[PDB]
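What follows is a set of notes on a single structure, which appears directly below.
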Amino acid sequence: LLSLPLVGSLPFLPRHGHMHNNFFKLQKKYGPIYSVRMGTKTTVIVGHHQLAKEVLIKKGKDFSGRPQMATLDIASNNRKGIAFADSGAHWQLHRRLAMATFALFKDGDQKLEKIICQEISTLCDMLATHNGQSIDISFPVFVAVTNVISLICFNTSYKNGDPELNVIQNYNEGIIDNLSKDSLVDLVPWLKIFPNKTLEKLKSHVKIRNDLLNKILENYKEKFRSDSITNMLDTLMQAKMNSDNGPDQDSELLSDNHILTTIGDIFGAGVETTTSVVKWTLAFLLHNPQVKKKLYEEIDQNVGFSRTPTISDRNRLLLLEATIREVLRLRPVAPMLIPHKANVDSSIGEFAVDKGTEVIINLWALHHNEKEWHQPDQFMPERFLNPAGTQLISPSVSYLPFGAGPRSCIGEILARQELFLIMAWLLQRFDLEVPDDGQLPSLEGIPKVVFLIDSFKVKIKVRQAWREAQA
Ligand code: HEM
Ligand SMILES: CC(C)[C@](O)(c1ccc2cc(OC(F)F)c(OC(F)F)cc2c1)c1c[nH]nn1
């Protein structure tokens with residue numbers, strides 16, 4: 001009695017549980033490196049820190065391209081910008097200029113810390129008007145970190161109640177929704193098998209996004225002074241200037257669509273991800289009041305109420321720095337990075353990997369590795385401190401929240417500051433507690449282009465100690 005023909009097989013149900021954890025459950029059967037084939041496209045999944053560091057660092061440039069996706073093609077205006085562009089001059093140029101702009105914000109009145117502490121102060125007043133109420137702090141934080149990103153790109157910020165802030169939130173919410181139904185890792189190309197409006201809806205929100213950035217770029221051309229370089233849009237237009245003296249090879253790379261999409265990748269990435277981490281950290285502090293207490297005690301002991309937090313306070317506020325590290329471990333912004341692609345025939349762990357092969361780092365597996373992490377499913381900021389509690393450690397090498405190699409986060413500095421500063425300023429001012437209905441946020445989360453958390457509310461009272469310190 002024979003056996004049936006078999007035209008296809010998959011090791012686990014599609015659209016059942018989260019992708020990254022399904023790949024990770026799978027290492028028990030098939031190991032830390034294994035592949036899957038859809039027609040002609042082939043995808044490798046890496047889930048051990050050593051092989052991941054080979055893809056990202058040692059052979060970093062070999063695996064530094066990005067794969068063509070129909071949904072990502074739109075959000076990037078056909079693979080322009082940075083995050084979703086293939087390895088090339090465009091990507092190399094724009095990524096370089098983008099980083100050069102962050103250099104401008106080391107010193108002065110445009111000192112990055114000053115810009116942040118500024119928009120954080122407005123945030124804290126805004127939140128104090130809700131003393132005694134339970135609220136969803138998504139939008140107030142969204143506006144804070146939009147203004148920072150907007151000051152670095154434009155030297156502009158949105159005044160309060162501006163209706164554009166609600167427009168931006170809308171198309172951001174729309175891009176996130178149609179860009180993926182899970183992480184950017186669909187085994188099955190569902191949107192080509194069945195008819196659907198997914199791409200049509202996406203174009204709408206990107207169209208709004210693109211038209212809006214376009215207005216801003218036209219208005220700025222009058223205002224541009226070659227002698228005044230203080231934001232990203234300057235760095236980009238200066239580049240276009242120095243190229244067209246006829247034009248250089250760099251000229252075709254700095255058209256207004258290439259400049260537009262670059263800003264849109266800075267904005268799109270920076271804002272929604274920084275906001276998500278803030279929501280994720282409060283989520284964890286509401287589940288772990290014991291950690292919350294030691295964080296209040298630490299910040300009262302080392303900063304007080306005579307002044308506001310400063311980057312300088314990073315050296316004394318250690319448990320806070322560890323808590324941010326432990327949230328980015330348990331809940332990586334990008335539990336599977338962005339897909340890398342093999343630019344050239346190569347090898348991972350001495351296995352052959354053909355040109356054009358989608359390679360995926362399963363960061364979720366690196367951060368939950370039983371052997372590399374003690375009690376990996378637990379929230380223990382202690383694990384990033386010596387047993388004393390007096391300086392920070394790197395307890396494991398299987399920890400790359402911002403990735404590594406040629407394709408790592410370019411806004412790592414900015415995020416590490418914002419996340420520290422925001423969280424300091426709030427813990428100083430505010431008591432943060434479970435609302436009166438008694439509901440706690442769900443830490444399960446929601447994988448999209450960003451690893452998001454279900455919306456949740458928090459009761460917020462100004463702190464006893466902070467009041468009495470005003471006389
Ligand atoms: C806690 C905050 C953040 C985390 C954990 C994070 C993490 C990451 C990761 C894992 C990648 C991809 C790594 C890879 O594909 O190899 C990435 C890419 C990127 N991030 Fe972030 N990121 C954060 C915040 C930001 C911020 C605030 C910005 C603001 C500009 C930003 C801009 C970018 C860009 C432009 C890329 C694409 C780089 C490229 O493809 O060359 N990120 N980030
Ligand atoms: C891990 C990575 C996928 C990402 O989450 C990321 C990167 C670029 C994004 C660009 C967006 O704008 C437009 F191009 F689609 C975007 O749209 C929406 F959020 F508004 C979301 C984006 C998310 C990220 C974030 N930080 N570092 N990497």
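Numbers for residues simply follow the sequence, beginning at 1. Heavy atoms only: backbone and side chains are in, while hydrogens, waters and symmetry mates are out. In listed order, ligands and their atoms are each counted from 1.
- For ligand 2, the chief contact partner in this model is given in UniProt as Steroid 17-alpha-hydroxylase/17,20 lyase.
- Considering 9-cis-retinoic acid, PHA-793887, AZD8329, VT-464, GS-9620, the drug or drug candidate at ligand 2 is VT-464.
- As modeled, no covalent bond connects VT-464 (ligand 2) with a chain.
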